[PDB]
Amino acid sequence: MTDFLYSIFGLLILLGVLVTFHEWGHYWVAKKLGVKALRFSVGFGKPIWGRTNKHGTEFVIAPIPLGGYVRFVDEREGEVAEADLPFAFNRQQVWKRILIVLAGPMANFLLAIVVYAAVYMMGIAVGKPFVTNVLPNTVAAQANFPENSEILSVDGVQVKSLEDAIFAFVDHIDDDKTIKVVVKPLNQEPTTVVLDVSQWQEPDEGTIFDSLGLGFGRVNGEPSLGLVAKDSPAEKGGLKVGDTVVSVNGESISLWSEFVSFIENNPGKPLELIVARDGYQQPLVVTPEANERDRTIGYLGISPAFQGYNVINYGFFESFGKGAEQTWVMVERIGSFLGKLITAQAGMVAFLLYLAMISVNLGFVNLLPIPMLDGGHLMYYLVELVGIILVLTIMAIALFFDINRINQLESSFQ
Ligand SMILES: CNC(=O)[C@H](Cc1ccccc1)NC(=O)[C@H](CC(C)C)[C@H](CSc1cccs1)C(=O)NO
Ligand SMILES: [Zn+2]
């Protein structure tokens, strides 16, 4: 029953964070400009939390966080004496109101940045760039590319995912004559393969990998077990962690794929195998079980030894830049979605990605010209109507980059 409890708790956390940070961007742009706010309400329904600070702002929280507001001072909405008169929203300049109404929608964006900057720093799980099929009679076939191996790097440029591999390939195809690929076969030390890409020009229609002959797929390896679950057919059959299956039903195997082939295709029927346990060839008998999602598939309850995924660690400002990139990508995605009108992760990381995506979506939808919205006001001021610093900032950051590389050459031989 924790399903509903947990999903509702997560949804409330997400909505509360988003609305609170939108209204907090509003209130912060108000406070850092002299425009004193009046009320800071978050959510819909019956207020439960109401606090007044030093000035007089009334922070109010509500249980239904489908939208909030920050009310300021208007001569039609209220009236304050000369004590706080030049701090009213309508009395202020029309120039400050542009930054005031833009505080919220940008804030969401900023939030996404941070959130993305938080997930690229810690790490993220991606699929290994694993070649499983070498096409006959292609460029990778002339080089005798190792069928079944994990791509480590292309032209020295290290790759830790599939998109990295395709980018490193596309970038260096028509830039020089050949391409060196560092790749690791199974049970072997890493080795380099040279691809002659001089004669081949471009294929107007076709996968850029099939043009070279690189078929990708699942990661493979030895039939060694890394995990065995409790109350699993493997545990009852005597399979242990560290066992290497040598043969199944007389037929010797050499890959995890053959073992899963024997497992999935024979549910409920016992398989007599021989495994290499601690340098000892030992016979076992295990009976696969009918899978829960598909009784056609046989289920044994084992996980392979070899590592399947990769984790990408990023620094500080590199992660900030990647987060800005992903936020802009989300912006373009929701833009195309609106134009239509007219990946296994590791825990809460997926929830943070969903939070950032929904933040981008909210900052985009509330920045459109609609009746009562921030974008409505930004359009209201748009169709109603410095550089020294602009150059000095780029000058300063260029000097910083140069000095940082100077220190990098020394403080940071064959
Ligand atoms: C999910 N709710 C929304 O997206 C609505 C507008 C809307 C409703 C339905 C469908 C599409 C859009 N936006 C807001 O609530 C803004 C705050 C959000 C960004 C946290 C809010 C708009 S003002 C008011 C809305 C309701 C009473 S007062 C704002 O800008 N405060 O500074
Ligand atoms: Zn707003």
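This chain uses plain numbering: 1 for the first residue, then up along the sequence. Indexing begins at 1, ligand by ligand and atom by atom, following the structure's order. Determination method: X-ray crystallography, 3.2 Å. For the numbers below, each heavy atom of this structure counts, side chains included, while hydrogens, waters and symmetry mates do not.
- The drug name recorded for ligand 1 is batimastat.
- In this complex, the main macromolecule engaging batimastat, as named in the PDB entry, is Zinc metalloprotease.
- On the PDB entry, the origin listed for chain A is Kangiella koreensis DSM 16069.
- Other ligands and ions with any atom nearer than 4.0 Å to batimastat: ligand 2 (zinc ion).
- Heavy-atom contacts of batimastat within 4.0 Å involve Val19, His22, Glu23, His26, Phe44, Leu66, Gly67, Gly68, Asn366, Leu373, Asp374.
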